[PDB]
**Q** 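Attached: Cytosol aminopeptidase with Bestatin bound.
Chain lettering follows the listing: the opening sequence line is A, and each later line takes the next letter. Following the PDB entry, chain A residues are numbered 1-497, in order. Shown for chain B, in order and in the PDB entry numbering: 1-497. Note that chain C is numbered according to the PDB entry, with residues 1-497 shown in order. Keep in mind that the numbers below use all heavy atoms, side chains included, and drop hydrogens, waters and symmetry copies. Order of listing sets the numbers, starting from 1, for every ligand and every atom in it. Portion of entry displayed, and contacts counted within that portion, nowhere else.
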Amino acid sequence: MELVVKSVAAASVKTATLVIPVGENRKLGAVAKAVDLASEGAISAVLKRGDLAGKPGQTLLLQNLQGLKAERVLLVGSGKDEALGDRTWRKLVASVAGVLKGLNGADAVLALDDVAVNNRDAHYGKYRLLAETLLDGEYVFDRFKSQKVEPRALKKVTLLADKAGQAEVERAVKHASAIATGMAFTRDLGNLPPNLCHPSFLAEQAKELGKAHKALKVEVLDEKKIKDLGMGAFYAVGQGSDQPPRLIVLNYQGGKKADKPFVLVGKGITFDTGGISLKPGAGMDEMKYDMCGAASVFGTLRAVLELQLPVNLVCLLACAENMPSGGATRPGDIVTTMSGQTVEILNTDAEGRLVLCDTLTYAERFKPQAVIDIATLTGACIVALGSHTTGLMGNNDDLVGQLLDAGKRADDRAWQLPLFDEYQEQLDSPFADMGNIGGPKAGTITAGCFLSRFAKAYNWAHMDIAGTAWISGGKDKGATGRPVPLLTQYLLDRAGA
Amino acid sequence: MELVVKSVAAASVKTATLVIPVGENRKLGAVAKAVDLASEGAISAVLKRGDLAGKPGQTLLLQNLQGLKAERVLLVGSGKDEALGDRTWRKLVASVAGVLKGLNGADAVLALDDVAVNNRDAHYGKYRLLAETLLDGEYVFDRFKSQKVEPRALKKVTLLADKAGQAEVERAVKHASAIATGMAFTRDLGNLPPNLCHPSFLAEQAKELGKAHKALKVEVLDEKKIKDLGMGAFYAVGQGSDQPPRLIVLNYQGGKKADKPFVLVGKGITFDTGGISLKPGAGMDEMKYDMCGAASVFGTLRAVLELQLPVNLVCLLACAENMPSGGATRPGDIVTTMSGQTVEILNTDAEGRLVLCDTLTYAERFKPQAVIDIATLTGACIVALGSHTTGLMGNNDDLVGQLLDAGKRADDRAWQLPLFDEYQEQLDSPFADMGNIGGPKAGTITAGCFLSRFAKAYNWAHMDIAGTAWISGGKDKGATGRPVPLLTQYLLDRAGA
Amino acid sequence: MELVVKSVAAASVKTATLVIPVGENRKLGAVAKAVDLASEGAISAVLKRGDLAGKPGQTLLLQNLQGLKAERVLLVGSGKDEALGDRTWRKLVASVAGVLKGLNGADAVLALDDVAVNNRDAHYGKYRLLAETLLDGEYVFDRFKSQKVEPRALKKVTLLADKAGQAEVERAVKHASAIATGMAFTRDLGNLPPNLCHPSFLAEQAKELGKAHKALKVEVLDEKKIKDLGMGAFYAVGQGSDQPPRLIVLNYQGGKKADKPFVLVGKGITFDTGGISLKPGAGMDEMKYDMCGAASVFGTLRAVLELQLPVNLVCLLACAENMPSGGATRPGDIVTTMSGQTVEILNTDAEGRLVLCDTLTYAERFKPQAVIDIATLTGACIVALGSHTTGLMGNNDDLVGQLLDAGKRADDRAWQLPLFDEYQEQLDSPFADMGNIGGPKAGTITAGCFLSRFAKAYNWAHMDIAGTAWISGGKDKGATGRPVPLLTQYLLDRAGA
Ligand SMILES: CC(C)C[C@H](NC(=O)[C@@H](O)[C@H](N)Cc1ccccc1)C(=O)O
Ligand SMILES: CC(C)C[C@H](NC(=O)[C@@H](O)[C@H](N)Cc1ccccc1)C(=O)O
Ligand SMILES: CC(C)C[C@H](NC(=O)[C@@H](O)[C@H](N)Cc1ccccc1)C(=O)O
Ligand SMILES: [K+]
Ligand SMILES: [K+]
Ligand SMILES: [K+]
Ligand SMILES: [Mn+2]
Ligand SMILES: [Mn+2]
Ligand SMILES: [Mn+2]
Ligand SMILES: [Zn+2]
Ligand SMILES: [Zn+2]
Ligand SMILES: [Zn+2]
């Protein structure tokens, strides 16, 4: 979809559908009032009949009105006078998009300048949310359908704002477009089934990306290299499968050569059966999303490439497929990690932290200013924070604060959990330097504690996206693309953009 | 056992054991009375003592009686002066057989003409049930025992009937003998353990059968052929095992060249672990019977060959072994079926419908007049219809009705369940054309619905024999041979025999 | 909502909203075409723009059109030019009703004569389904909401038909209105929470209904009466609770004095905890619907009273509340039923068949021509037939067939399951005449088998509505009102109405 910004009057714009807001009690703001006046009162005449109560997202669609250049006018409810919260604003926009998707109009004009959004400026923050919702809402994954989604008529949307706000709306659209393009890439990789989307496939995706971008260099480390580097934990996860593991490095040099890089580490478990500690059958298909950490790193990188941010960004994708077999890791195996710390693998279904720990040690070589790991790590995080909020831990309160602030401004929120030293003992092993599980109490936190033992060389944060990375059921089952908005926001903030 | 029919007087017949019926209140029918008189009232005299109440299947065994040529007389209770139901009649016969098997007599004569069986003619229907119970009751599967069953003395049974009915009893014996010989083959294949009875073994069985019979042509399609035909669902089931899959085609051309064939499709999962969606351990051994669909097709074919029915019969055995491994199918995999329809494999333990759907597409080439699939498909069918009655679904009312009627006449009953369109949606997938599971509601029906999407080219029915194909425990644990009687009866009906 | 029928031309009717169908490819039937012409081609002109593809239930709403007397015109998609199935037709009607409910129009005119419905005549069967969907869709249960549903503007719908069809449409409306009114009563009783809706409450409801209807006499039997009649199974169920049981008799004498009555027996377990055989907590709230058998009998009676059918109808509501306590029935208890047959209560959560068996014996006194029990009886029925189809068993083929045919014509379908004698032994007890459970195989059937032992005196059928009586979750959670349509249709059939 093409998304552009103009400052012309709403009544003057030639379009298939003009969209304007209407409050409860048929209350029209200055923009809608001017459109009503151009229609010689036709809009307020229809509103007087009472079909539209004006609750947020309710709609009334009109056809050709004399005095207007729009072929259709869509009235959308904006609710009571009170400013809208983020969720209500995004639902309003999605309601609009749903109607437009079903029409045979080639373009539409949104004239929603009068709608106030709580704690967001009328031009940048408000439109960041609208644009991302509109563009991400175009997403289709019909690759495996014999009957394809018939393409939609809607090819273009124009946002109307005042002259003074136009540049800021354009900046919101630029940023939202990069984020939505990155999210589409994330969502495609998440939604791909695990018989196709395995570690070698992700390596090929990375190599393709490297060829397409001059400032990107890609290196792929195979199973032998992982083993030779001393990555005993990463190797142990992957060995059970016929699909070998891959550590994928994507190095974007957008900053000055001397600038310390930001490192994103993504968990790329392409399918998590649990291994010998096998999962139950119910809902196991959703473990194709266990590479959503790696997918979100791909999508964040793709947003960064689109924006050409002037930062050095090193992406490390720790990819393996966790399968039961006659050569799989067993509960009770002890391995030596790249750091030299030994790990007793008490449960082979706590495998993400194993590929991550070795990759955290690998990251030391880049001499980073921040290392953020993203992983669908714990069912415990869904118990703690549910579907709405990513769990966040780290070893630097300034980094943790920056990620929280980015998630608030991006409306892709996270929430800090503590890594108090008292939780560490839960990982104690009588045999090895640590075990890989902490028991049934504080599961999200003990997984963060385990990772923290490998992150002492740098400023580090860990994002547990087990609850935010996909929707489990209903019509909308599938990858969400989170946390691409938070991560991209954090990088925009570090770039000063 | 040799089973013959004669029309001589019971008192006159030289035999190790003469069997005659006695009612309650010591009441003797015409046949029994004649034997009593020949015995000089000896039988009445013993009855007066009251040891035999005459309830169905009760017995009293006499030794040499003056005036008879029989060495022993077995009296068997026939109940009150009303006709017996099928179950009571078959139990009476089994009771008699159990006594004879324990004796050292080389033959026996059954003189049970006076016993009425409800809704069964005195010559054909009555003796179809008797002869099949007698012959199937001889079944022994002692090949894995170090101590073999002491072979039995009983080598021959003669059924006495009146002259007028002799040919119809002979026709019942001909048909029952073919059915029982088919059932023995089915039972042996089901009872064989899965380390021996794998898809390659079944292929060798088919090849051996092909060499033994001129009107039979056998082709075996291996794993690469299955893959190269585009059978993505069948291939997915078999990949996880070290034993590769086989699609076995047995083509019997007994009809006219231009007569459309009847196609039988059998599920041949030689062991069902569930795969990655692994089953619980308890009772898993009974999943060696997950090839009883394919076994019943082999047994029906053996009966048809014995009878030389004048029909074209194509048998398709879809054989694979469902194992967990590092190369097995995962929940969430999406495959392209031979038909081009895509399937999301949400649960790798819903595997029978996957090998079946591709085999249903394969069956289109034969331009059949009926396609019947037989499969141990759903635990839900045991919840719905239990151990007694096979679940039946289809896309043609006439075919379904023919199979029901065959089951009633063969005393191997089925019962229809509806494939209403409302159940289809339970198979919807957001990614593929369908998923392979429908959830906890209507599981037998949604499996039928899944298969129906591959059967639209022809008249089709599906038989879920999960409850009727074997007995789980007790002294009689093992394959039953069902539904060989129903299927054979259906083909006798189509042949006009 | 008032529902009336007229034979005036669609373009001529003064109304807030005129509803007409449009096919795919903008194809207009005779009625829609005549409206288009009166609108001076306005409707064709809007359709040419392509916003409405015409798939069943899609909508496009127009405002005031020159040449018409309708204030609004709703175009509704009717699909390709083939007849619609029942489900598609009812979903089309619900789509229309949804739009109308959100408008501020006091009335609407449905001009849907053009639309063909498969296997149902243009006037009676087609409009039975439309009228019931429209009227049942008006249902609101907001008693426990602090914020009430806003009263809807829509008060009247007019159906247009040709003069020749008017009588038959009016008959359909009369019957659908009775059915919908009965369903609303059923749904209210089902949706009441169990702290309010207990057996004494249902007894009050029945007494109040008796006072309002001349031809209705109501008797209520309390716990002591149930005990004193020798109803040891019914008494055993209710004894654990602080709410005592009630057996409610509602006798409608609408037939000739010497006509044998139809008896409906409803399970009225107002809450089923399982008792000492306690249920799991998950979903237990839905056991407030365990009196939906009884609720559907009240609803059917309400429909019969509205229609004044000329039949004698005796309703027996077997009401109890199944609770654990220090005085509750135990697994292993043996009780003497009213019939004198003893029952070993192996599981106290098989309680509905216990209150039903004693009520089936009580029904003998009426010398009925048919006895139908309706009960939310088995989870196994949901496994067998899911949410779409009621399970049906019986001891009379004619009665079973009549109920099946009623279900088809009412679009409230049932499906027969067999009560073969082989399933009876599953109920054997070493101690009593029978146990109340048959094990994990054929649960729906063994429950019907249990009941059949109490129904030998008369023609009897059993409806297991465990899957059809309510919706478990989502926006539409709550009672369905089924099987009031099937039961009312059966009584219409017996009355000759
Ligand atoms: C063994 C445990 C300590 C850890 C275990 N974690 C895992 O299995 C992770 O690898 C899972 N990928 C976490 C998960 C499970 C379900 C939904 C979303 C995310 C878990 O159950 O949380
Ligand atoms: C995963 C489910 C949708 C289907 C699943 N079906 C199976 O596993 C079939 O392959 C089984 N072969 C069915 C079965 C299980 C136990 C006894 C007899 C038959 C079942 O549990 O019924
Ligand atoms: C103990 C078993 C033989 C019978 C048991 N039946 C019951 O508990 C019935 O009283 C329940 N009212 C049946 C039920 C359970 C869940 C949803 C709908 C209907 C059941 O589990 O089906
Ligand atoms: K994936
Ligand atoms: K076997
Ligand atoms: K209730
Ligand atoms: Mn895991
Ligand atoms: Mn299986
Ligand atoms: Mn219960
Ligand atoms: Zn994982
Ligand atoms: Zn199976
Ligand atoms: Zn109950």
**Q** Give the place of Bestatin in the structure, all copies included.
**A** ligands 1, 2 and 3
**Q** What are the letters of the other chains having a heavy atom under 4.0 Å from Bestatin (ligand 2)?
**A** B
**Q** Which residues lie closer than 4.0 Å to Bestatin (ligand 2) by heavy-atom distance?
**A** B:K267, B:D272, B:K279, B:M287, B:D290, B:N347, B:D349, B:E351, B:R353, B:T376, B:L377, B:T378, B:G379, B:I382, B:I437, B:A466, B:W470
**Q** I need the atoms of Bestatin (ligand 2) closer than 4.0 Å to a non-hydrogen atom of B:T376, numbered in the order shown.
**A** 11 (C), 12 (N), 13 (C)
**Q** Name the residue and atom at the far end of the covalent bond from Bestatin (ligand 2), if one is modeled.
**A** none
**Q** Which Bestatin (ligand 2) atoms, with their elements, are less than 4.0 angstrom from a heavy-atom of B:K267?
**A** 9 (C), 10 (O), 12 (N)
**Q** Kindly indicate whether atom 22 (O) of Bestatin (ligand 2) is approached by any protein heavy atom to under 4.0 angstrom.
**A** yes
**Q** Below 3.5 Å, N or O to N or O, backbone or side chain included: is there any such pair between B:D272 and Bestatin (ligand 2)?
**A** yes
**Q** Do B:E351 and Bestatin (ligand 2) have an N or O pair less than 3.5 Å apart?
**A** yes
**Q** In chain B, which UniProt active-site residue has a heavy atom closest to any heavy atom of Bestatin (ligand 2), and what is that minimum distance to 1 Å?
**A** B:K279, 3 Å
**Q** How close does the nearest protein non-hydrogen atom get to atom 6 (N) of Bestatin (ligand 2), and which residue and atom is it?
**A** B:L377 O, 3.4 Å
**Q** Does Bestatin (ligand 2) reach any of the residues UniProt lists as binding Mn(2+) in chain B within 4.0 Å (heavy atoms), and which are they?
**A** B:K267, B:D272, B:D290, B:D349, B:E351
**Q** Starting from atom 19 (C) of Bestatin (ligand 2), locate the nearest protein heavy atom and write down its residue, its atom name and how far away it is, to 0.1 Å.
**A** B:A466 CB, 3.6 Å
**Q** Based purely on interatomic distance, does B:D349 place a nitrogen or oxygen under 3.5 Å from a nitrogen or oxygen of Bestatin (ligand 2)?
**A** yes
**Q** Return the closest protein heavy atom for atom 18 (C) of Bestatin (ligand 2) as residue, atom name and distance.
**A** B:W470 CH2, 3.3 Å
**Q** Considering only non-hydrogen protein atoms, determine which one is nearest to atom 17 (C) of Bestatin (ligand 2) and report residue, atom name and distance to 0.1 Å.
**A** B:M287 CE, 3.6 Å
**Q** Considering non-hydrogen atoms of the protein only, which is the closest contact for atom 3 (C) of Bestatin (ligand 2), and what is the distance?
**A** B:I437 CG2, 3.6 Å
**Q** Less than 4.0 Å from Bestatin (ligand 2): which other ligands or ions?
**A** ligand 8 (manganese (II) ion), ligand 11 (zinc ion)
**Q** Starting from atom 14 (C) of Bestatin (ligand 2), which protein heavy atom do you reach first, and at what distance in Å?
**A** B:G379 N, 4.0 Å
**Q** Any idea which protein heavy atom is nearest atom 4 (C) of Bestatin (ligand 2), and the distance to it?
**A** B:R353 NH2, 3.8 Å
**Q** Could you check the entry and tell me where chain B comes from?
**A** Pseudomonas putida
**Q** In terms of residue, atom name and distance, what is the protein heavy atom nearest to atom 12 (N) of Bestatin (ligand 2)?
**A** B:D290 OD1, 2.7 Å
